[PDB]
Q: 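Would you mind keeping the following structure in view while I ask a few things?
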Amino acid sequence: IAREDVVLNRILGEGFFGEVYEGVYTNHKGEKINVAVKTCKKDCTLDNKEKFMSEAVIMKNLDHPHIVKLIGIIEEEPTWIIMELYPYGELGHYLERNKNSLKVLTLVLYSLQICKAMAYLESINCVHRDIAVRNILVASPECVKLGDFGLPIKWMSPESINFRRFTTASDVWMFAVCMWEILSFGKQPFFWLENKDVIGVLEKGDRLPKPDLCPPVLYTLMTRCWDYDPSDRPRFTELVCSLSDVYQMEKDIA
Ligand SMILES: Cc1ccc(-n2nc(C(C)(C)C)cc2NC(=O)Nc2ccc(OCCN3CCOCC3)c3ccccc23)cc1
């Protein structure tokens, strides 16, 4: 990818190594693709440059339908990592704007798609550590994609809060919090608490209540993901099966 093919529009945020810009990449076909362009401060250490670069090296290998996509890297200074964006933005904000028209089936679909992404990550023993609607892009009305754009106490498992332990089992907890967000049309988990109060509530056995539109069977699955004991939470691999069941049940009802 040639730098002249990428036009930057505005700053999206301050990344860990430098600003992230929104841009338009015009490919060889002349079609315009929305992109996020990550940059790296010039005066960084060699180790930090290597870390910056590693995202490109890693993400080149990801081609899952529900994981975000690397468009390319321009290695020449200033080094840019170019990621694919879509018209619709973050899922959180998409749910907020479309709450009056989204059907429960679609909310279960998004949940299932993110679960499939996580079953892939689980297969290579990779941990996300930050599963939430803010980390999900809407590629189309029928397709969401999991990313990592950026402690999230209100999403975290008790072992992550208490010991900073993060495993696939702690990801399953967070994923069920993410499901709760989706079925709540983007509401923030424990918005009625301060971060400091969260562990006390979880320790005493309290949990996020069932979202109004959430099917009871799906809520039961969420609660299993929120078992205090990490060993009692389902694997993502099996949760795909359970969520597929809920989807088919909801499709039939429809
Ligand atoms: C070293 C390293 C290695 C791997 C990763 N990594 N790993 C994952 C998995 C776990 C899902 C596979 C995802 C990522 N990285 C990312 O997802 N990086 C990205 C960061 C910021 C972005 O845009 C920010 C701007 N934001 C986008 C959403 O809309 C509002 C603005 C992105 C926008 C589109 C696509 C990717 C983006 C990360 C770092």
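In this chain, residues are counted from 1 in sequence order. The figures that follow rest on heavy atoms only: side chains count, while hydrogens, waters and symmetry mates do not. Read the numbers this way: they start at 1 and go in the same order the structure lists the ligands and their atoms. Technique stated in the header: X-ray crystallography, 1.8 Å.
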Q: In this structure, which of bleomycin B2, GSK2269557, RBN-2397, IDX320, BIRB 796 is modelled at ligand 1?
A: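 The one found there is BIRB 796.
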Q: Could you tell me which macromolecule makes the most contacts with BIRB 796 here? Its name in UniProt would be great.
A: Protein-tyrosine kinase 2-beta
Q: Please list the residues near BIRB 796, using 4.0 Å as the heavy-atom limit.
A: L12, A36, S54, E55, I58, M59, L62, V68, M83, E84, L85, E90, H128, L137, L146, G147, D148, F149
Q: Do any UniProt ATP-binding residues in chain A have a heavy atom less than 4.0 Å from BIRB 796, and if so, which?
A: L12, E84, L85, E90
Q: Tell me which UniProt domain of chain A holds most of the residues near BIRB 796.
A: Protein kinase
Q: Provide the organism that the deposit lists for chain A.
A: Homo sapiens
Q: Mind checking whether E55 has an N or O less than 3.5 Å away from an N or O of BIRB 796?
A: yes
Q: Which UniProt active-site residue of chain A has the minimal heavy-atom contact distance to BIRB 796, and what is that distance to one Å?
A: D130, 8 Å
Q: To which protein heavy atom is atom 29 (O) of BIRB 796 closest, and what is the distance rounded to 0.1 Å?
A: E90 CG, 3.6 Å
Q: Quick one: nearest non-hydrogen protein atom to atom 11 (C) of BIRB 796, plus distance?
A: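 Ranking protein heavy atoms by distance from atom 11 (C) of BIRB 796, first comes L146 O, 3.6 Å.
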Q: I need the atoms of BIRB 796 closer than 4.0 Å to a non-hydrogen atom of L137, numbered in the order shown.
A: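 Going through BIRB 796 atom by atom, the ones under 4.0 Å from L137 are 28 (C), 34 (C).
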